[PDB]
Each structure stands twice: as C-alpha cells, then as structure tokens.
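Model: Alpha-bisabolene synthase / ligand pamidronate.
Numbers here are sequence positions counted from 1. Looking at the header, which is where the method is noted, we find X-ray crystallography, 1.9 Å. Hydrogens, waters and symmetry mates play no part in the numbers below; they use all other heavy atoms, side chains included. First listed ligand is number 1; within each ligand, the first listed atom is number 1.
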Amino acid sequence: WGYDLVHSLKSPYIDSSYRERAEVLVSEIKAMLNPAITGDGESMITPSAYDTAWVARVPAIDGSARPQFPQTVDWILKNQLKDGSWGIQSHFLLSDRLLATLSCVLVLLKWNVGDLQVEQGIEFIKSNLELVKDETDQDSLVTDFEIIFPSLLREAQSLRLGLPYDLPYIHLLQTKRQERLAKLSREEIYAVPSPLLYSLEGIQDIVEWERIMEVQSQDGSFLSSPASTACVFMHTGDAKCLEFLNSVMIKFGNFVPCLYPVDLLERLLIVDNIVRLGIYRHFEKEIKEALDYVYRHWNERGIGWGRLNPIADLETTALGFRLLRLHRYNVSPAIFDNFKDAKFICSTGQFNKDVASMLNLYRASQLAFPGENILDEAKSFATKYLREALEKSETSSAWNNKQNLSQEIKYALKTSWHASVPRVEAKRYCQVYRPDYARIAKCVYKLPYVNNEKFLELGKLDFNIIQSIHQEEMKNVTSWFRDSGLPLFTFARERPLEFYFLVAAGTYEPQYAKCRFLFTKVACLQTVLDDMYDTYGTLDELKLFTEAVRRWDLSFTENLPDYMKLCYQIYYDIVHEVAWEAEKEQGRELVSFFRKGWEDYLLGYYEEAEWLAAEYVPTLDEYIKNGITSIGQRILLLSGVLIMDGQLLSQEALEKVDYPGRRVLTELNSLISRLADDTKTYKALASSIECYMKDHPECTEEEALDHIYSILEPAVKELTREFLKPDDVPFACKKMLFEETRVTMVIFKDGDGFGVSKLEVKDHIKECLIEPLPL
Ligand SMILES: NCCC(O)(P(=O)(O)O)P(=O)(O)O
Ligand SMILES: [Cl-]
Ligand SMILES: [Mg+2]
Ligand SMILES: [Mg+2]
Ligand SMILES: [Mg+2]
C-alpha cells in the first residue's frame, strides 16, 4: 500500500497509441450511430419471421392468386434454420421458435409452396411440444404467446396438420388464454388504445373490424405490429394499414421486424448504454441530438417505444424521464400519473417488459427533486414489485438465467444512485454489457445500435486508459506526501490514496489532474488538523494555533509548540499554493476568499474544541450550525472546484454553488457529510443523535436516528436539484461538487452507527484505481 504499491504499478495504457486507438473507436461509433440519430437509418432491428409470415399472407390487391409482397415468401423459404424452426440462430427460445415456425408453416401452405420447409417446420413444432413436461419447461414467453398460440394452433387443426393438439400443455395454454380474455373490456377495445392492439391477429373472433379503426395509429399500424396490421388489412382493406405495411417493406426489403418504429426507445437505449459504459464524454453531440429528438416527442401523456404509439409505454417513459432529467431537460414526474389506476398498475404484458418497466421506474424515482411525492410513491411500488419478481418462477427461466436477470434485479435493489462510485459503476457495467444481447417482444430481436462490440471495446479501453493516467498521478501524490512533512504527525493516520480516490472516482477526466492533486493535498492536511483540534491538541495549544490562523504571519509561530510550528508552515504553504493555482485559472484575486474560508473552518474547529474541554453538549441546532462549517467539506471542495482546467467561475457564478448559510451545493454537501458521518458512526464529544436526545429527553435513540434521516433525505433531494438545475454555472464544476458527495455517501452508506468499513474502502480503491479491466 501507499508509496511502494503505487510506484510498483506500470500500466501500458498510458502510451499515446492507446488513446489514439480509442479515438478511432470514437470515430467509428459516431459513424455507426449517424443514421440512427441524424439520418433515416433509424430503427435498426432484426427480422421477425413470425411477422414476416403474417405480411406474406396478404393477397395481391389486384385480385390475382398470389401474395401482395412476394419477396416475404421468398425470404421465408430461404431463412429456415437447420432444425426446421425460424428465428435467430444465436439464441434459442422455445415460445419464439414455436410461434414463428407455426406462423411460417401456415403461410407457406396458404400459397402452396415450400413443401419441404413445411415438413421440417411441422416436425420441429411436434418434436418440441412433446418435450414440454411441465410449466417450468416452457421457458420465457414472447408477447401474448398464451393468447396467440392457441389461435394459430386451431388454424392448423382445421387444416388437419399432424400436430399434437391434445397435449396437456396445449390445454393449459387455452386455459391461460381464457383467463387473460376474461379481464378484457371488449367495448373499450374500440375506444381506448390498449396493449392488445399489438396482437389482434390472435383474437380475430373477438374483434369487430368495423369499429377497430378508431384506435389505429397515425401511421396506419396497430400498435406498431406488422402482423397485427396485416390482419386488420386482410379483414378491412383499410388503405392506411396497407401504407404501413408498404413503409416497412420499403425500409427493410424482404422482411419485417416485430415492432416498428422503435425510434424513441432505441435512441434512449443508445444513450443509456453509452452513459452506463462510462464513455459518454466522447459523444456529447450525439447524445444531445438523440435526446433533443426524444424531448420533441415528450408529452404529458407519456411516450411509447415509437413516436406514433397511441398509448404510452412505462418502460420507455421511465427511461426517458430519467435520461432527460439527468441531461438537464425539464421534465415532470406527473407523467407517471398516466400509469396509475386511480396508484400504479404495470404488470399486465410480457414478463421481461414488465420487469424492465419497473427497473426503469425504480431508477427514475431516485432522481427526485424536493416535493416530488409521486416519485417517493413510485420508488416504494417499484421496490415491492422487484422484490416480488425475485420470488417468481418466471425470473428463473432458462432464458432469464442465461441473462442473469435475478442478479441484475438484486444489483439494482442494493444500488443507490446517490451512493455510487461513478468510475466503479462504469467498470462493473463493462463486465455485464452484452454486445449480442437479445430482447423479447412478439419475437426475440436485437438492436445492433444499442448492443454491439464497438461500444464494449471502447468502454474497456477508455476505462483502462483513464485508470493508467490516475496511476501516474498517484505516484505524484504519494511522492509529494512523503516529502510534505505531513507524515511527521504520527497522531494522524496517513491516507493520501483514500483522499485521492474521493475525488478521482468521480472527477476522472484527464484535463483535471490539477484539481485532483490540490484536492488531495488539502484533504491530507485537513485530516491532520482535524485530529489536532478534536483529539491531540490541548485547548491552550489550540487557542495559540487559532490565533496564528487569524494572523496569517509565519513569524508569529515562534510562540507555538514545535509540532504546531511545523503544522502551521505546511498549512500556510498549501493554502497559498491552492490560492495561486486558483488565481491562475480564474484570472482574479482569490487569496482573501480562501483565507476567509480557512479561518471560518478552523474557527469552527476551535468552537468544537471549547465544547470538548467543557464537556458541553450542544443543541441539535447549534451542532448542525457548527458542523456545516467545521466538517471542512466546503473549503476542501473549493480547493478543487476553482482549479478545473478551462472552467471559469465568476464571483457571481460561484455564489450559486457556494454560500455559507444558504442551501447551495457546498452547503448541502457539508450538511450531508456531517449527518451521514454521524449515522454511520457516532456509535463507535457528542454527535447529532446525542444532541437531539438532549433536546428531547423522553425520545429514544431510535426516534433520534430517524430524525437525523428526516433531515438527510430532503437535503439529498435538494442536492440533486441544485446539481441538475439549468443555470450558467459551468456544468463540470457542479458535477465535481455533486460527484464528491456521491462518493462520500458511498463511504457512509447504510448508517447503523457501527462505523465505516476500512476493508471496503481499500476494496473500492483496488477496484477503481489499481486493477485494470482484462482486454
Ligand atoms: N472530517 C471528518 C472527521 C470526523 O468525522 P472523524 O471521526 O475524525 O473521522 P470528526 O468526528 O472529527 O467530525
Ligand atoms: Cl444475451
Ligand atoms: Mg473533528
Ligand atoms: Mg475527527
Ligand atoms: Mg467521527
């Protein structure tokens, strides 16, 4: 550890060639995404054999005995898999293969072609249905499988196809279809758009086609489904239905996907993945262009996966809310009212979609601003939902196990967005992100703009490069520390890497080396000062030191005890080094501002030292007043935020994020730090807990701890709003302040009074700064 460990590190990723390579990857990714965000190559999604077979059913509008879209028949004939099924070869899902295969078999029979394909397809369906022994063998179900498959299978039965219609599993599916259809408000199908519109081809005996046009999408589709639209067309001859089918054929050529368009969801998924991989800083232009498009279509009623959906989609809406707010767009959590029954109700469609919607709702709820009760309500509901989902058999299907769904849900629930280490979350996501991830709707599908090898290649390389740069900085840090004189204060533990981690895990960009270096120096100094005032120093010694603090005179130190003479000299040097660097970056005088900051901090320590000497227990009000100042976060934060390469802070701009006595970023960070610290420790003078109990002699320790949290929770919401709020403060500065708070909140998370885990701190340093990602 310390000097020896850090100087033993020899990372290859520091060489310029690695960054040059990453820049090639960045250019390649910009070119890849260009059609999606700026061109007309939006909605890149794999073929749906199931839907393609429905489109193939449509007879020629000229009345001749052939398909209107004969290229779809040719596609089907040429794309059977080796086992006789149709679907995506890389991923096997039973329900997907069963549905697509029966769909293709029937249309080939309709047109009296592909006799060999039909024979092989029928064998696949029969063969595989007979392997289903019980419910737990069925695996994950494609959208509305229970509704559609019995219907499609009855079509086959009327043609007397050699399939096992009398299997228990078949009877069970009909039972499930009945239980789904029982909750159906049929009269409302025609009046209120609903998820069932995605699958009209499965409920043909129920739908009055003469009334169904009222809920058609503006593009002519029925909830973006080619199959459902093809069905309505064949029953109605509706011109707009045909226009939709034509538009999809024009786009894809000789097949159709199971959803179209997916313009909103795809854009959001692209952004979400780029952000989670930690590579977002390379794609500011593309992220803005993507989210600007989503925002244009953002409305009070929510959004669907495609901009023309006549009903909103919780998955896409919750994802949109979070990403838009995170990128400083003005959105309101009142959009979630669109998904309440009159509270929430999502849990009706297919399982992966429902789980995804709730994961997204859970994540969105954590970005709550003050007074947003609906998001507190959303958090509760989603948490309960996800905990229940963990106990469901569907969660442990072969398909879900292969994708580690249970693990993903568990990780989400144990993870607080506020109490996260940003660099570590990106590192962890690089280990979970799948270039070949397969999604489920009417069929299994992929979105190559979202899931691809280039994203991951860049994610791993970029992480390693940044880390190697930090490793060189840590050599500088430990080298400085060794020669600084600070190690002479043997009453204080040496922790330079812990303090470097506090800033570097959130403010990681290469250009902010000076910020990280100066922040670390000040944090090292402060830990000595803290131990001196609250432990080592006598009140009479501290009175002397505090007088020297007022004087700003090196010559005055002749009065101090030897250890204080040295301490004062180091303190004086660090303060003025930071100030010179700040003045250089900011182009204005800042020595006076820094000096006032330091004296307020240390005068705060001295007040505390007087209390200790007198065994005085403050009121909670006086404790918090003192604590916001004496905790030292304000002056530490200032020692980094004013020296960020290229980030100009006028006095006016600075006062927006730093202003003692006001609820701005540095003040809220100070309050959060003080109180989070207390909740985590305090059990291991007097803390906020103990002060509250003096104020309330009859209250229990339990009530006391609850009270401290009642102060913390609102503070965290304010911190979030202050961070994300639109203003003219350089965003890099606000992010630096916010990210230091997030890393602090990690150190103090799950406050039970027990104390901070030293082994976990070391583990965070190992993961973040020491161990690279394997390439
Ligand atoms: N900078 C915080 C230092 C403390 O939390 P610590 O207990 O010394 O870690 P304090 O109790 O002095 O406020
Ligand atoms: Cl996968
Ligand atoms: Mg202290
Ligand atoms: Mg202390
Ligand atoms: Mg403490």
Which ligands, or which chains, stand for pamidronate?
-> ligand 1
Protein non-hydrogen atom found under 4.0 Å from atom 12 (O) of pamidronate = yes
Which atoms from pamidronate have a heavy atom of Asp534 less than 4.0 Å away?
-> 12 (O)
Which residue supplies the protein heavy atom nearest to atom 1 (N) of pamidronate, what is that atom called, and how far is it?
-> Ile631 O, 3.9 Å
Ignoring hydrogens, tell whether any protein atom lies closer than 4.0 Å to atom 9 (O) of pamidronate; use the non-hydrogen atoms only.
-> no
Proximity of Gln526 to pamidronate by residue part, where a heavy atom lies under 4.0 Å = neither
Return the organism named as the source of chain A in the deposit.
-> Abies grandis
Do me a favour and list the nearest non-hydrogen protein atom to atom 3 (C) of pamidronate with residue, atom name and distance?
-> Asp530 OD2, 3.2 Å
Contacting atoms of pamidronate, where contact means under 4.0 angstrom from a heavy atom of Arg674 | 5 (O), 13 (O)
Show which other ligands and ions come under 4.0 Å from pamidronate.
-> ligand 3 (magnesium ion), ligand 4 (magnesium ion), ligand 5 (magnesium ion)
Test item, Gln633 contacting pamidronate (heavy atom, 4.0 angstrom) | no
At what distance is the nearest protein heavy atom to atom 7 (O) of pamidronate, and which residue and atom is it?
-> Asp677 OD2, 5.0 Å
Define the binding site of pamidronate with a non-hydrogen cut-off of 4.0 Å.
-> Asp530, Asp534, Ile631, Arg674, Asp677
